[PDB]
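Inspection log for the structure reproduced underneath, given as C-alpha cells.
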Amino acid sequence: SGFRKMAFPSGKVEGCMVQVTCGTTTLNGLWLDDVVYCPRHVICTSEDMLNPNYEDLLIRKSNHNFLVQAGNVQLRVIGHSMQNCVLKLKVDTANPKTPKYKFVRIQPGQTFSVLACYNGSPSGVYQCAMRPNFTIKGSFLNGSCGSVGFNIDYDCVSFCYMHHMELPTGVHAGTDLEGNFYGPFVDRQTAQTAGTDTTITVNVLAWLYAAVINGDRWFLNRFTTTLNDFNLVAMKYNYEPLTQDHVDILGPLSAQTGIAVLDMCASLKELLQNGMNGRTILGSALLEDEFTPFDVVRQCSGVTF
Amino acid sequence: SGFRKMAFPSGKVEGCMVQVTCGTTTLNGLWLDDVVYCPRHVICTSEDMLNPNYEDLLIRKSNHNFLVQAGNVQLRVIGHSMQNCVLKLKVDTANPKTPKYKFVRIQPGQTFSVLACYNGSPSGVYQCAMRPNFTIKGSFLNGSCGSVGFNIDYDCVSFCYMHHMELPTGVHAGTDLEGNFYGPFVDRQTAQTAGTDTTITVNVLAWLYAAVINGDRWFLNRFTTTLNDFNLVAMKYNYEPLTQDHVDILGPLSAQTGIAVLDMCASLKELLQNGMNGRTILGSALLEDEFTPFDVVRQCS
Ligand SMILES: *C(=N)[C@H](C[C@@H]1CCNC1=O)NC(=O)[C@@H]1[C@@H]2[C@H](CN1C(=O)[C@@H](NC(=O)C(F)(F)F)C(C)(C)C)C2(C)C
Ligand SMILES: *C(=N)[C@H](C[C@@H]1CCNC1=O)NC(=O)[C@@H]1[C@@H]2[C@H](CN1C(=O)[C@@H](NC(=O)C(F)(F)F)C(C)(C)C)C2(C)C
C-alpha cells in the first residue's frame, strides 16, 4: 500500500542528455541516433532574444560554432537545421545508448516525467501534468533549457516535452520534440502570461479512487449525480468538463473499488461545495489533479518497465 | 523558480537491480561488483514468517538454491553469508553497471529517493524522508522487498534503505545496507506498531525559508521566540523538538533571506495557531516536512 507522486525510471533518458554550447549560451541537448535536439534560442545573444530572426542567425553559423559534449567526449557536428523551435544538430556518431523511442504530442491533463538537467547533467526527476492552459508547474533554474518530459510504455520512451522558458508567474513553457509550442507562447524575451488555469476533473476523480484503494473513504456519500448536474456545478469552480470519455476511462477503478463513477462525482461535488472540513485525503488538504486514471492503476498494480 | 518534490535520476540504481528467487519466494536484489544484497526473509516459506530461525533456514541452503536473474542472464551464486537482516550472495560476475557507491545510515528527517521494483524491474521513482518514528510512507506492493532508497552526490550513489515490510498503519520499515533495521522493528510477521509520528520541524522551517526565497512573505510576523518557548508550543502540535543542531543547520538559509532562525520559528508558531485561512505556501495548504535544509539550497537560487 501507499500512494506517491511517482516518476518513470529516468535511466533510458539519462543515457541521451548532452551539453550544447553556442557562444556564451550553454544548455541541454537530447542525443538520439546521430542527431542532437535542443531549443533554437541557444543561437541567440543577449540582444537577439528580444526579436530574434532564427533562420537569419542559423545560416550565419558554421557546424564548429556548436560545442556538443557527452561527458568528456566532444561530438563533431556535421550538420544543423531548424524544425519550428528546436535546433537539430547532425553529429558523426550514433548514440550507442539510444533507447527504443518516439516523439509524441500530449493533451492537457496528461502527465509525464521531467528529467531536469544542467550542463547536460541530469540533476533530478519529477512527475508533471500539462495544465489545461498548456503550462507546467515545473522546478527549473538557469541552464535547465533542453530538459525533457517523457513517458515509458514497456521499453519505448515517448518524448513529449522540451523545456524553453519560465513565465512571470513562476510556471513553465516548452515545445514537443518537433518544436511546436504547447500553448500560446513564442520563444522571445517579450512579456507573456499563462491563461487562467482550471483543475483536471478526471485526474481528481482518479486520485479519489487511489484514496479509496488505500482505505481513505470518509468523503464517499450515498448519492449519485448526472454529468449535466455535475458539469454545471464543476464549471462554477473552474473544473474541466467531465466527458463520457472520462467516465469510461475510470471503469477499471470503478469496477475494482465497487464505487460507480457518478456516485464518486457526487462525492467530488460535495467536496467542491463544503471543502474537506479540516480533513485530508492521502495526506493532502487540496484536491490533487496530477494523477491520471492510468497513473493510479499503474502505481496500484505495480506495473514495471 | 518553482518548488517540486524531486527524486534523483534512477539510472545508476536501475543498472544494479536483479531478481532473487529462493524456493517459491521472489524479491529484488541489489547487484554491486560481485555481491547481490537482498532481504534475508527471501529464504522463508509461509510457515517460517512468525518466528523464522534465519541461521537454521540458511545452513540448509546451497548456493544453487538461489536463482539470481539479471534480465535474461542467470548469475551463478559462488557464496552466501548473512549480515544482520541482509543476505549477501557472492556471484561469479562483477556488475559492469556498478556505479561509484557507498552505504550510509541516515537519521530521521533525512530524505532519499526510492526506486520501487517488482521482479528485479523498476516500476517508478519517488522521494521519501525517514520519519521520526523510523518508518517511511512509501508506495510498495507484494514483491517490492529489496527495493532500495538512495541519494546521489555528483556520480556517487549513497545507498541508505532496503525495503523489508509494511506495518498495519500502511507505513513501511526496512534496513540500512548492512542489514540493521531503522527503528525497533524485526523481520518477523509478528504484531508490530509504528510509534506515534511527529512533524520534522527543521524541514518545515527550511521549507518556510524556501517559500521566502521564492518570494512569498504573507506568513512572516514581527515576533521572535526563545528555543524553549518554541519547543513547548510545537510539541503540543506533535512537532519534533528543534535542537541547537537544527538551528546551526538552518544558518545558511537564515543568511540568504536575512531572517533569523528564531524569527522564522515565531512564524511557524503563528501558522500552527491560525492555519492558512484559504492561503497556500509553495502550492501546499499543509506545512511540508519532506524537504531538508540541504534539499532547499540545492533546488532554489
Ligand atoms: C533556459 N535555460 C531558460 C530557463 C529558465 C531560467 C529560469 N527558469 C527557467 O525556466 N530559459 C530562458 O532563459 C528563456 C529564453 C529567453 C527568455 N527566457 C525566459 O525563461 C524568461 N521568460 C520570459 O521571457 C517570459 F516570461 F516572457 F516567458 C525569463 C524572464 C528569464 C524567465 C528565451 C529565448 C525565451
Ligand atoms: C516484500 N515483498 C513484502 C513487502 C510488503 C508487502 C505489502 N507491502 C509491503 O511493503 N514484505 C513482506 O511481506 C513482509 C515480510 C513478512 C511479513 N511482511 C509484511 O510486510 C507483513 N507485515 C508485517 O508482518 C508487520 F506488520 F509486522 F510489519 C504484511 C502483513 C504482509 C504486510 C516479513 C518477513 C516481515
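By convention here, the chains are lettered A, B, ... following the listed order of sequence lines. Residues displayed in chain A correspond, in order, to the PDB entry positions 1-305. The PDB entry numbering applies to chain B: residues 1-301, in that order. Just follow the structure's listing: the first ligand is 1, and inside any ligand the first atom is 1.
- PDB records name the drug found at ligand 2 as nirmatrelvir (bound form).
- Going by UniProt, the chain with the most contacts to nirmatrelvir (bound form, ligand 2) here is 3C-like proteinase nsp5.
- Using a 4.0 Å cut-off on heavy atoms, the other chains next to nirmatrelvir (bound form, ligand 2) are B.
- The site surrounding nirmatrelvir (bound form, ligand 2), defined by heavy atoms under 4.0 Å, contains B:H41, B:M49, B:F140, B:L141, B:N142, B:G143, B:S144, B:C145, B:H163, B:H164, B:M165, B:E166, B:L167, B:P168, B:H172, B:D187, B:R188, B:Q189, B:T190, B:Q192.
- Considering backbone and side-chain atoms together, B:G143 places an N or O closer than 3.5 Å to an N or O of nirmatrelvir (bound form, ligand 2).
- Protein heavy atom in closest approach to atom 18 (N) of nirmatrelvir (bound form, ligand 2): B:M165 CB, 4.0 Å.
- In this structure, atom 2 (N) of nirmatrelvir (bound form, ligand 2) lies nearest to the protein heavy atom B:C145 SG, 2.8 Å.
- Close N/O approach between B:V186 and nirmatrelvir (bound form, ligand 2) is not found [any backbone or side-chain N/O within under 3.5 Å].
- Residue B:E166 has at least one nitrogen or oxygen atom sitting less than 3.5 Å from a nitrogen or oxygen atom of nirmatrelvir (bound form, ligand 2), judged on distance alone.
- Using a 4.0 Å threshold on non-hydrogen atoms, atom 31 (C) of nirmatrelvir (bound form, ligand 2) does not count as touching the protein.
- Measured between heavy atoms and rounded to 1 Å, the nearest UniProt active-site residue of chain B to nirmatrelvir (bound form, ligand 2) is B:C145, 2 Å.
- Distance check on atom 20 (O) of nirmatrelvir (bound form, ligand 2): some protein heavy atom falls below the 4.0 Å cut-off.
- Of the protein's heavy atoms, B:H163 NE2, 2.6 Å lies nearest to atom 10 (O) of nirmatrelvir (bound form, ligand 2).
- In this structure, atom 17 (C) of nirmatrelvir (bound form, ligand 2) lies nearest to the protein heavy atom B:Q189 CG, 3.4 Å.
- Nirmatrelvir (bound form, ligand 2) has no nitrogen or oxygen under 3.5 angstrom from a nitrogen or oxygen of B:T190.
- The model tethers nirmatrelvir (bound form, ligand 2) through a covalent bond to B:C145 SG.
- In this PDB entry, the source organism listed for chain B is Severe acute respiratory syndrome coronavirus 2.
- Residues of chain B contacting nirmatrelvir (bound form, ligand 2) are concentrated in UniProt domain Peptidase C30.
- Counting only heavy atoms of the protein, atom 6 (C) of nirmatrelvir (bound form, ligand 2) lies nearest to B:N142 OD1, 3.5 Å.
- Interface of B:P168 with nirmatrelvir (bound form, ligand 2), defined as ligand atoms under 4.0 Å from a residue heavy atom, comprises 26 (F).
- The shortest contact between atom 14 (C) of nirmatrelvir (bound form, ligand 2) and any protein heavy atom is with B:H164 O, 3.4 Å.
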